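Featured here: a structure holding diflunisal.
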Amino acid sequence: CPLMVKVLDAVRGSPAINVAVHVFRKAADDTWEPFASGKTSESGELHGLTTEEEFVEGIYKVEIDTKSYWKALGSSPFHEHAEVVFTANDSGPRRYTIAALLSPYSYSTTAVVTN
Amino acid sequence: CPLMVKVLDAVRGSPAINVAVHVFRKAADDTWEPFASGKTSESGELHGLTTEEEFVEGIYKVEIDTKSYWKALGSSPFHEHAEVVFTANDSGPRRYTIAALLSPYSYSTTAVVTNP
Amino acid sequence: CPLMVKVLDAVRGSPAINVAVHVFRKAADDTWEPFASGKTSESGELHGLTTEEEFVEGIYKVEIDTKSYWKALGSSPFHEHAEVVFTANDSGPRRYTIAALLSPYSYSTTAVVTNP
Amino acid sequence: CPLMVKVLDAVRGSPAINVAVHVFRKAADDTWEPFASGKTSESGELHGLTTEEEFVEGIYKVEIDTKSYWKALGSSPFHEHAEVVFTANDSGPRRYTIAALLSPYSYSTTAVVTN
Ligand SMILES: O=C(O)c1cc(-c2ccc(F)cc2F)ccc1O
Ligand SMILES: O=C(O)c1cc(-c2ccc(F)cc2F)ccc1O
């Protein structure tokens, strides 16, 4: 599992469950090509998005559908979604975890890149 | 000033100076049209992007060019940029501050929205 | 003004107003002596805690009373307070801004340090 | 394991390894009584701090020795340490994870409270 996403809720202090996540890869013409997608589990995590073979070097975008998440829990959110854009490189320690911590008017994201 | 951007550096404990910022607005045809751009000052602030008259209702994307920032300082950052996407002015004019706190592998963004 | 505190609310997208703040300085005997206190204004800022003359070298603790803040608004927060502990002025006088972004189960703090 | 601590490094995008963590419980006279301590593992995590039997309701402080961490990696840090102070309550979902994301001049902390 080369790419995992983890989402936390800063208002409730809990995993953010059932949040839709879409991953895109940048095409040569600069458009965003659908790559992988899913919904976070009960633990706020989304595993199995891709495989080593398919996850080649390139620029990727992870879109987290935060707006629907907040609305469903009776909060008025600011963002349309959270976006995380980065380059996957074969040099580094290439298990990538993209983590996001969500509030109605703020979010923080970090990358934990290991092996 | 209805739309301001402020950027801080969490490594240095200082404003993030000379950071490029590009703003886009989603057009009727659903693509991202250029709306405004600028660079942060020595205080890490960017004012004068737009006017109340031009800043109509819409979905806006504020792209903060963090990679170029970290690279010009000699770091090797993770993200290409920090992107903040939001609906604005859908209940009448508001004033928006978009604030970002940067580290090489992480960033946080918050919005302060005032004045109905 | 050598020491300022700014507090933002990530739930509302606004300044965090009327937040109590207590500052302490570690004394020779190694306990925390009261140093200054105040409350944030409608802009979420607290100025005038101390003067350059009084703000000597030392280890300082800035306690931001987040629990009382969330409770007065009717929330049930996790933390008792947010605490920021740092050495100040050990290379001569500096100006410190301590900034905090609050959610009920999380907070972030950053320092902007200027002016040698 | 009722209380776990996780520490991440925002500069390197990695777990913060070998970071000392001290937990204290507030005594009736308002002093901080040592409770548990350890060093984070290779995954940035510290497990086994306490047991269900010992972790009674009360106010606790988690001190993360961030200053030594940064110095050892050649960074000039701002904080003496990071402190997280909270009340443990028997009502809620009582597995507590205290997570901290560290930068030289900033840190963010969140609580993920589950069952
Ligand atoms: O901005 C972020 O993504 C962030 C992430 C965490 C964090 C906490 C616990 C964990 F298992 C992973 C995380 F990334 C903790 C604080 C934080 O700000
Ligand atoms: O995620 C963010 O947008 C963020 C913002 C700040 C902050 C600091 C100072 C300030 F004037 C405004 C800010 F939003 C401080 C920490 C932080 O994580």
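Letters A, B, ... label the chains, following the sequence lines from first to last. Numbering of chain A is taken from the PDB entry, so the residues present carry the numbers 10-124, in order. Numbers in chain B come straight from the PDB entry, and the residues shown are 10-125, in order. What you see of chain C is 10-125, where the numbers are those given in the PDB entry. The numbering of chain D matches the PDB entry: 10-124, in order. Just so you know, ligand 1 is whichever comes first in the structure, and atom 1 is the first atom listed for that ligand. According to its header, the structure was obtained by X-ray crystallography, 1.7 Å.
Against diflunisal (ligand 1), the chain with more heavy-atom contacts than any other is given by the PDB entry as Transthyretin. Other chains, heavy atom under 4.0 Å from diflunisal (ligand 1): A, D. In chain A, UniProt L-thyroxine-binding residues less than 4.0 Å from diflunisal (ligand 1) by heavy-atom distance: A:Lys15, A:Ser117.
Protein heavy atom nearest atom 16 (C) of diflunisal (ligand 1), with residue, atom name and distance: D:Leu110 CB, 3.6 Å. If you look at A:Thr119 next to diflunisal (ligand 1), the close heavy atoms, those under 4.0 Å, come from the backbone and the side chain alike. Proximity to D:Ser117 (heavy-atom distance under 4.0 Å) selects the following atoms of diflunisal (ligand 1): 18 (O). Residue contact check: D:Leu17 has heavy atoms under 4.0 Å from atoms 7 (C), 12 (C), 13 (C), 14 (F) of diflunisal (ligand 1). Considering D:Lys15, D:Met13, D:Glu54 only, the shortest heavy-atom separation from atom 11 (F) of diflunisal (ligand 1) involves D:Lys15. Close approach of diflunisal (ligand 1) to D:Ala108 (heavy-atom distance below 4.0 Å) involves ligand atoms 8 (C), 9 (C). Residues with a heavy atom within 4.0 Å of diflunisal (ligand 1): A:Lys15, A:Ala108, A:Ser117, A:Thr118, A:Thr119, D:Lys15, D:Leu17, D:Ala108, D:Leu110, D:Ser117.
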